[PDB]
Structure formats: C-alpha cells, structure tokens
J.: 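Please take a look at this structure featuring flavoxate.
Throughout, a chain's letter reflects where its sequence line sits, starting with A, and its residues are numbered from 1. Counting convention: from 1, in listed order, for ligands and their atoms alike. Note that these values count all heavy atoms, side chains included, but never hydrogens, waters or copies made by symmetry. Structure method, as recorded: X-ray crystallography, 1.5 Å.
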Amino acid sequence: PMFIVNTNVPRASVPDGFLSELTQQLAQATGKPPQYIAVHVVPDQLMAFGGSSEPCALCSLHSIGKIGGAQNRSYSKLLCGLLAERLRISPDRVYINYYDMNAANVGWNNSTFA
Amino acid sequence: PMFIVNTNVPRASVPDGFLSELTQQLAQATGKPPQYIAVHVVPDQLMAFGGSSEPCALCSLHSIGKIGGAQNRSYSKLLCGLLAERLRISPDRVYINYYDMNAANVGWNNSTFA
Amino acid sequence: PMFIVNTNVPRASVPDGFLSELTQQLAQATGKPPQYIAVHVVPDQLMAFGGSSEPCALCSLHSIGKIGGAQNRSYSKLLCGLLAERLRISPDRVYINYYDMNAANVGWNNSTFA
Ligand SMILES: Cc1c(-c2ccccc2)oc2c(C(=O)OCCN3CCCCC3)cccc2c1=O
Ligand SMILES: Cc1c(-c2ccccc2)oc2c(C(=O)OCCN3CCCCC3)cccc2c1=O
Ligand SMILES: [Cl-]
Ligand SMILES: [Cl-]
Ligand SMILES: [Cl-]
Ligand SMILES: [Cl-]
Ligand SMILES: [Cl-]
Ligand SMILES: [Cl-]
Ligand SMILES: [Cl-]
Ligand SMILES: [Cl-]
Ligand SMILES: [Cl-]
Ligand code: NA
C-alpha cells in the first residue's frame with residue numbers, strides 16, 4: 001500500500017518519527033507486512049480547503065484490496081487521529097481518497113503483482 | 001472535490017488570488033459547495049510535455065459524481081482557460097485527469113461518505 | 001500518457017536528460033507519439049518504503065489504453081530498469097500504479113479525448 005499526505009503545515013512541524021509511525025500503523029491497519037507499506041509526506045504546500053488556508057491535509061491511500069466501506073471508515077478514524085495529534089490538523093480539514101488497486105495494475109521489482 | 005495542478009511555472013508567476021479563483025470557479029462548474037472543495041497548486045516542478053520543457057501543467061479533479069463526458073469537456077475548457085490566463089500555460093500543454101469517486105472511497109472528519 | 005515519479009533521491013542525483021529519456025522510452029513503450037507523453041519527476045521527497053528512508057520511488061503511469069497484464073509487466077521492467085540505472089533506486093523499492101483512463105476522463109486543450 002501507499003499513503004500520501006500533502007499539507008500546508010511547515011516541514012519543521014512534521015515530528016521526527018512520523019513516517020515510521022505511519023508505516024507501523026498502516027501495516028497494522030491494513031494487515032500487510034511493513035515491507036509493502038510506502039509513505040510520503042509533502043509539507044509546505046500551497047493549498048486551500050473550503051476556501052481557507054488554515055492547516056489541512058489532502059491524502060490518498062492505495063492498496064491491493066483491504067479497501068471497502070467499513071475498512072475505509074476505520075482508516076479515516078485512524079488517519080484523522082494521527083494527523084490531528086501529530087500535525088495538529090483538525091479532522092474536519094483532512095480529506096482522504098481511497099483506491100482499491102488490481103494486482104495487475106501495481107508494478108514492483110521489475111514486474112507486477114498479478 | 002479536490003483539484004490539483006502541478007506545473008513547471010515558477011511560484012512567483014502564480015498570481016495572488018489563484019486558489020480562490022479555482023475554488024469559486026470549480027464550485028460553479030461542479031455545483032458543489034465551496035466548503036467541499038480543496039485546491040492545491042504545485043509550482044516549480046521538473047516536468048516535460050511532448051518532450052519539451054516549455055510551460056505545462058498536469059492536473060487532476062476528483063469528485064463524488066459530477067464527472068462525465070459533457071461535464072468533463074466543460075471543466076477542461078474552464079480550467080485550461082484559467083491556466084492560460086493566470087499562468088500563461090498553453091491549453092495544448094495541459095492534461096487533466098478526472099476521477100468519479102465512490103462516496104465510500106472518500107474519507108473526511110473521522111468517517112467516509114458511504 | 002503521463003508518467004510521474006516521486007522519490008527521495010536528491011535533485012542533484014537526477015541526471016541531465018532524464019525527462020527526455022523517459023519521454024522517448026515511454027513513447028516507444030506505449031506506442032503513442034512523443035507529443036502526447038508528459039513526464040514529471042519529483043526529487044527530495046520525504047518518503048519511506050518498507051520502513052526505510054533508503055532510496056525509493058512511488059510512480060504512476062496513466063494512459064488511454066495500452067494498459068494490461070502483459071503490458072504492465074513490460075512497463076515495470078522498463079521503468080524499474082531506468083530508475084535503477086539512472087537514479088540508483090533498487091527495483092524492490094519502487095511502486096508503479098497503472099491507470100487505463102477512459103478518453104472522456106482525460107482533459108487536454110480545452111476539451112477531452114472522447
Ligand atoms: C468539507 C465537507 C465535506 C466534504 C469533504 C471532502 C469531500 C467532499 C465533501 O462534506 C460535508 C458533508 C457531506 O455530506 O458531503 C458529501 C456527502 N454528500 C452526500 C450526497 C452526495 C454527495 C456526497 C456534510 C456536511 C459538511 C461537509 C463538509 O464540511
Ligand atoms: C522494501 C524492501 C524489500 C521488499 C519489498 C517488498 C516485499 C518484500 C521485500 O526487500 C528488500 C530486500 C530483499 O527482499 O532482498 C531479498 C534477498 N535477501 C537477501 C538476504 C537474505 C534474504 C533474502 C533486500 C534489501 C532491501 C529490501 C527492501 O528495502
Ligand atoms: Cl498494495
Ligand atoms: Cl519522519
Ligand atoms: Cl470493508
Ligand atoms: Cl468529492
Ligand atoms: Cl456529463
Ligand atoms: Cl472510487
Ligand atoms: Cl493517453
Ligand atoms: Cl496486456
Ligand atoms: Cl477512467
Ligand atoms: Na475562496
């Protein structure tokens with residue numbers, strides 16, 4: 001799986017260890033080994049949400065399976081909680097798009113997972 | 001909805017008010033409230049279009065519904081017009097990918113829209 | 001088509017000519033004219049893969065058609081090979097998501113490809 005967070009919060013406010021925390025919490029949440037979890041945080045972005053440039057986060061989670069109605073509600077509660085505690089972004093300013101990828105459409109290690 | 005523009009034009013060439021114009025014009029085009037709209041502009045990117053490093057943009061619009069053949073033609077005319085007028089990017093050096101999101105695949109405020 | 005690479009490799013380690021090499025190789029691989037190939041490289045990113053900050057890449061290829069089981073295996077060998085040769089990223093630290101776009105969902109030049 002791959003989790004990407006784009007945010008207007010400054011780089012210095014991303015705590016040391018945040019990528020590791022995302023890696024471990026997503027490995028547990030998705031039930032996949034951490035070897036397969038990639039995370040990417042992009043601070044200092046020029047963005048607005050609802051017309052306001054107060055702190056916000058625009059995110060995506062792509063996974064081969066482990067995506068669905070109940071699972072995504074669980075991920076949204078987990079990820080909003082982490083972004084609130086660690087980046088001080090209010091949960092009503094976190095927006096997450098979820099993607100269930102087919103294995104044939106994910107490349108890795110010179111081939112694909114199909 | 002979420003609208004992202006990635007471009008090689010420099011940050012200083014992004015005029016004041018640009019995120020607000022995107023929010024307001026996308027609210028009218030999609031019919032969605034400005035409250036639900038996120039906009040994100042990423043200048044100074046290392047990009048080429050058609051083998052050329054002249055000004056270009058790669059963009060995406062994600063929305064729960066309000067995506068379709070006629071609507072996407074209308075969005076493309078609106079958004080290329082804004083990128084030409086405000087960033088001086090030729091419309092034939094702009095790509096916009098459109099994504100009709102299922103409500104269950106959009107998280108916000110500790111939940112999803114399922 | 002559009003190919004995007006996000007990587008933690010520093011900008012100085014992206015060799016001269018890399019975007020042009022990607023354009024030409026993807027034009028041949030997808031069978032589309034180079035005029036239609038857009039490429040975007042994002043170095044210096046804050047990313048982890050498998051819990052490690054060793055060099056890695058998260059990429060996507062979007063194309064109207066020319067996406068499939070066999071084709072995506074071929075693209076993955078080609079692109080992992082380029083990332084290993086040119087950016088020194090191990091293929092087991094690369095993900096590439098593939099997107100077969102409907103023509104109506106790709107905007108260009110004030111309209112769409114539909
Ligand atoms: C930001 C925000 C959003 C929103 C966030 C991200 C993306 C989209 C919207 O939805 C909301 C919503 C709500 O339900 O938006 C969507 C539900 N909607 C039902 C019918 C079909 C289309 C989807 C309600 C109150 C405040 C809000 C709100 O303050
Ligand atoms: C992410 C990552 C992965 C990996 C990614 C997804 C799934 C599985 C692994 O494998 C690796 C590997 C590796 O799997 O190598 C195999 C050889 N290995 C040699 C020594 C004895 C055991 C076998 C090596 C280095 C970095 C890595 C590495 O950074
Ligand atoms: Cl995955
Ligand atoms: Cl970190
Ligand atoms: Cl589920
Ligand atoms: Cl939406
Ligand atoms: Cl339509
Ligand atoms: Cl969806
Ligand atoms: Cl295409
Ligand atoms: Cl195929
Ligand atoms: Cl599509
Ligand atoms: Na506004």
J.: Point out each ligand or chain corresponding to flavoxate.
T.: ligands 1 and 2
J.: List the chief contact partner of flavoxate (ligand 2) in this entry, with the name from the PDB entry.
T.: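 The chief partner is Macrophage migration inhibitory factor.
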J.: Write down the other chains contacting flavoxate (ligand 2), where contact means heavy atoms under 4.0 Å apart.
T.: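 Heavy-atom neighbours of flavoxate (ligand 2): A, C.
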J.: State whether any protein heavy atom lies less than 4.0 Å from atom 1 (C) of flavoxate (ligand 2).
T.: yes
J.: How close does the nearest protein non-hydrogen atom get to atom 4 (C) of flavoxate (ligand 2), and which residue and atom is it?
T.: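 The protein heavy atom lying closest is A:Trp108 CZ2, 4.0 Å.
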J.: Is there at least one protein heavy-atom neighbour under 4.0 Å from atom 21 (C) of flavoxate (ligand 2)?
T.: no
J.: Which atoms of flavoxate (ligand 2) are found less than 4.0 Å from any heavy atom of A:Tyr36?
T.: 7 (C)
J.: Does the protein place any heavy atom closer than 4.0 Å to atom 17 (C) of flavoxate (ligand 2)?
T.: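 No.
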J.: What is the organism of chain C, as given by the entry?
T.: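 According to the deposit, it's Homo sapiens.
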J.: Does the protein place any heavy atom closer than 4.0 Å to atom 27 (C) of flavoxate (ligand 2)?
T.: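 For atom 27 (C) of flavoxate (ligand 2) the answer is yes, since some protein heavy atom falls inside 4.0 Å.
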J.: Using a distance threshold of 4.0 Å (strictly less than), state whether atom 6 (C) of flavoxate (ligand 2) has a protein heavy-atom neighbour.
T.: yes
J.: Which one of A:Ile37, C:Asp92, A:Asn109, C:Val94 has a non-hydrogen atom at the shortest distance from atom 12 (C) of flavoxate (ligand 2)?
T.: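 Result: the heavy atom closest to atom 12 (C) of flavoxate (ligand 2) is in C:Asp92.
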J.: Less than 3.5 Å between some nitrogen or oxygen of C:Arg93 and one of flavoxate (ligand 2), yes or no?
T.: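 For flavoxate (ligand 2), there is an N or O atom that lies under 3.5 Å from one belonging to C:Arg93.
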J.: Which residues of other chains have a non-hydrogen atom closer than 4.0 Å to flavoxate (ligand 2)?
T.: A:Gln35, A:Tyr36, A:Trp108, C:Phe49, C:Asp92, C:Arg93
